[PDB]
**Q** 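Here you go, one structure.
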Amino acid sequence: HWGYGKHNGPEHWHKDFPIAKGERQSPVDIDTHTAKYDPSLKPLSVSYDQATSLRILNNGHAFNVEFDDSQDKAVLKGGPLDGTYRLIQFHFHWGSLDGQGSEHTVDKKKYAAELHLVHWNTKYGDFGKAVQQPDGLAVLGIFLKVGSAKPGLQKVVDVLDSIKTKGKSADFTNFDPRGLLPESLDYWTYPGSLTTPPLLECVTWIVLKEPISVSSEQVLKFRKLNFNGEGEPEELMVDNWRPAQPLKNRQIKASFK
Ligand SMILES: CC(=O)/N=c1\sc(S(N)(=O)=O)nn1C
Ligand SMILES: [Zn+2]
């Protein structure tokens, strides 16, 4: 099946998921001098005070922190969005070295990792229906650079030992995702897709300009996870990122000048 190895990596995905060569694939390089400042872009409204985190899971591709999305508890509005989007989960993509790891790039610069907060449009009823629509999802992307430690990320780091291998999960309650946001909410936005199979083109991307800083010790613990299941040959979970895809007929807009 698909993965990030040499025999099942991104360059092979198109064989089982032809949309891999679509017209609005993600991620992309954000060229800052080509981006169009759009004053018609509203500020983002992130309402995470009632968020209810439930569990943390190693799915063999990354680790996800899942939330209760049975009601409007953690929602994203405003920005380039029409309607209310509910937070369902968040996860990261990272590298084997501090010089790579992010999916999106800025003027070709790669960050150490990238955080993805996934939301789905409530007008569609369930996540499964949302992914089949062009405005189905809204993913908030945040870059991570290596520097000072991020206190609000340490609770996640500490629990990684318990979900080392594929399929493992652990209760993960009372985590506040507000601790993962940078000061400013200035962003870039463009229409795109999911960055791993099924690669559906149902995403409105909102990438924050301001990265968050994490310590080398924190990223190091991400790199100790495994792609493999327990009892199988150890394969380190690193470089689970898809390289930039052609922009084609798309315009990246900026909420700031
Ligand atoms: C359930 C869910 O969040 N799936 C996702 S999220 C996602 S991403 N990496 O945010 O574009 N890719 N896929 C397959
Ligand atoms: Zn992702």
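Following the PDB entry, chain A residues are numbered 4-125, 127-261, in order. Just follow the structure's listing: the first ligand is 1, and inside any ligand the first atom is 1. Only this structure's heavy atoms are used, side chains among them; waters, hydrogens and symmetry mates stay out.
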**Q** What drug shows up at ligand 1?
**A** methazolamide
**Q** Which chain forms the chief contact surface with methazolamide, and what is its name in UniProt?
**A** Carbonic anhydrase 2
**Q** Could you tell me the residue and atom name of the protein heavy atom closest to atom 3 (O) of methazolamide, and the distance to it rounded to 0.1 Å?
**A** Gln92 NE2, 3.3 Å
**Q** Atom 10 (O) of methazolamide: which protein heavy atom is closest, and how many Å away?
**A** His94 CE1, 3.4 Å
**Q** Return the UniProt-listed Zn(2+)-binding residues of chain A that have heavy atoms within 4.0 Å of methazolamide.
**A** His94, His96, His119
**Q** Quick sanity check for my notes: UniProt domain of chain A with most contacts to methazolamide?
**A** Alpha-carbonic anhydrase
**Q** Assess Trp209 for proximity to methazolamide: is some non-hydrogen atom of it under 4.0 Å away?
**A** yes
**Q** For atom 4 (N) of methazolamide, what is the nearest protein heavy atom, given as residue, atom name and distance?
**A** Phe131 CZ, 4.2 Å
**Q** Quick one: look at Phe95 and methazolamide, take heavy-atom pairs under 4.0 Å, and tell me if it's side chain, backbone, both or neither.
**A** neither
**Q** Which UniProt substrate-binding positions in chain A have any non-hydrogen atom closer than 4.0 Å to methazolamide?
**A** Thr199, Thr200
**Q** At a distance cut-off of 4.0 Å, which other ligands and ions come close to methazolamide?
**A** ligand 2 (zinc ion)
**Q** How close does the nearest protein non-hydrogen atom get to atom 9 (N) of methazolamide, and which residue and atom is it?
**A** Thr199 OG1, 2.9 Å
**Q** For atom 5 (C) of methazolamide, find the nearest protein heavy atom and state the residue, atom name and distance (0.1 Å precision).
**A** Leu198 CD2, 4.1 Å
**Q** Name the UniProt active-site residue of chain A nearest to methazolamide and give the heavy-atom distance to 1 Å.
**A** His64, 8 Å
**Q** Enumerate the atoms of methazolamide whose separation from the nearest heavy atom of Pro201 is less than 4.0 angstrom.
**A** 14 (C)
**Q** Under a 4.0 Å heavy-atom limit, does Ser29 contact methazolamide with its side chain, its backbone, both, or neither?
**A** neither
**Q** So which heavy atom in the protein is nearest atom 14 (C) of methazolamide, and how far is it from that ligand atom?
**A** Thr200 OG1, 3.2 Å
**Q** List methazolamide atoms under 4.0 Å from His96, heavy atoms only on the residue side.
**A** 9 (N)
**Q** Binding site of methazolamide: which residues fall under 4.0 Å, heavy atoms only?
**A** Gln92, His94, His96, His119, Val121, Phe131, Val143, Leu198, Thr199, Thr200, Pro201, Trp209
